[PDB]
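Next up: a structure with glecaprevir.
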Amino acid sequence: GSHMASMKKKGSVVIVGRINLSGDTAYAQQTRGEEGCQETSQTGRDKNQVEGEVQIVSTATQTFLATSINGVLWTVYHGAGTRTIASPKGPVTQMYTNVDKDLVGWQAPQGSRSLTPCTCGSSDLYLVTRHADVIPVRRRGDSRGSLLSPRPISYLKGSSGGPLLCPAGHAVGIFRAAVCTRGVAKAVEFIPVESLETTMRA
Ligand SMILES: CC(C)(C)[C@@H]1NC(=O)O[C@@H]2CCC[C@H]2OC/C=C/C(F)(F)c2nc3ccccc3nc2O[C@@H]2C[C@@H](C(=O)N[C@]3(C(=O)NS(=O)(=O)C4(C)CC4)C[C@H]3C(F)F)N(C2)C1=O
Ligand SMILES: [Cl-]
Ligand SMILES: [Zn+2]
């Protein structure tokens, strides 16, 4: 048994900033501080205006990224779980959930801009981190890519759910996991956009 009247509810995922890719310089912007993030997580009511393709998102215990592609805000299950996302009208229930792909999605917030899925078949990719670093990544397989310049894993922590982009700025995949050998990240594993398009058309 358990005392049901006091069972708590997990809060919503909350947008706390964005990666500005609009102009000629990539940079992170914060749109909500720690206090407002916790209040907004509990209510699920986020009145802030949303802009751009890559959002910085937070729960009470984790922070990561979320990327809009074809009208869906995508992120990783290991960050969001089954949580709703805060919105101007209250919590919004997930529209996609696939733990086997480490993938979840909500309807893209009003004001967001969506990336278009890549059709160019290029293997010269670019990973966008939560610090607005644009890291060249050579595609090595359907879901893997190697860093031209390896980095300590610390530099990629908190960027799951961010995009991998082709040279034309099209979405190639969603950053999922890192290939980590003794604290150094040599390569990345991502959800291919085609897997997204299947999840959408499924
Ligand atoms: C050693 C390592 C780097 C920690 C780990 N490597 C690793 O496992 O490599 C193997 C070998 C090649 C691919 C991968 O096969 C296993 C697949 C794992 C997975 F990803 F599909 C995954 N599915 C889940 C589904 C349901 C519930 C939990 C799940 N947990 C998973 O993996 C976990 C999570 C994932 C992670 O940390 N991702 C990143 C991130 O930033 N997160 S985060 O924002 O800070 C944060 C924790 C707030 C959300 C991008 C990498 C950054 F840190 F660089 N992990 C562990 C790793 O990357
Ligand atoms: Cl996949
Ligand atoms: Zn492309």
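Sequence positions, counted from 1, serve as the residue numbers for this chain. We count ligands from 1, going down the list as the structure has it; atoms in each ligand are counted the same way.
In the structure shown, the parts corresponding to glecaprevir are ligand 1. Among all chains, the one with more heavy-atom contacts to glecaprevir (ligand 1) than any other is, according to UniProt, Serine protease/helicase NS3.
At a heavy-atom cut-off of 4.0 Å, the residues contacting glecaprevir (ligand 1) are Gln62, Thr63, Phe64, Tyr77, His78, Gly79, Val99, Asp102, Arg144, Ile153, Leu156, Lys157, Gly158, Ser159, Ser160, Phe175, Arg176, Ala177, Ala178, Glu189. In chain A, the UniProt-annotated active-site residue lying closest to glecaprevir (ligand 1), with its least heavy-atom distance, is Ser160, 3 Å. Counting only heavy atoms of the protein, atom 57 (C) of glecaprevir (ligand 1) lies nearest to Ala177 CB, 3.8 Å. By the definition of a contact as any protein heavy atom under 4.0 Å away, atom 15 (O) of glecaprevir (ligand 1) is not in contact. The distance criterion of under 3.5 Å between nitrogen or oxygen atoms is met by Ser160 with respect to glecaprevir (ligand 1). No N or O atom of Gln62 sits closer than 3.5 Å to an N or O atom of glecaprevir (ligand 1). Checking atom 36 (C) of glecaprevir (ligand 1) against the protein gives a heavy-atom contact under 4.0 Å. Every N/O-N/O distance between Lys157 and glecaprevir (ligand 1) stays at or above 3.5 Å. By UniProt annotation, the domain of chain A with most residues touching glecaprevir (ligand 1) is Peptidase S29. Not a single N or O atom of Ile153, backbone or side chain, sits closer than 3.5 Å to an N or O atom of glecaprevir (ligand 1). In this structure, the protein non-hydrogen atom closest to atom 49 (C) of glecaprevir (ligand 1) is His78 CD2, 3.4 Å. Distances from atom 28 (C) of glecaprevir (ligand 1) to the protein include at least one heavy-atom value under 4.0 Å. Remark: minimum distance from atom 11 (C) of glecaprevir (ligand 1) to any protein heavy atom is reached at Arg144 NH2, 4.2 Å. There is no protein heavy atom less than 4.0 angstrom from atom 33 (C) of glecaprevir (ligand 1). Between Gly158 and glecaprevir (ligand 1), at least one pair of N/O atoms sits closer than 3.5 Å. Protein heavy atom nearest atom 58 (O) of glecaprevir (ligand 1), with residue, atom name and distance: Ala178 N, 2.9 Å. For atom 25 (C) of glecaprevir (ligand 1), the closest non-hydrogen atom on the protein side is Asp102 OD1, 3.7 Å.
In this structure, atom 50 (C) of glecaprevir (ligand 1) lies nearest to the protein heavy atom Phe175 CZ, 3.2 Å.
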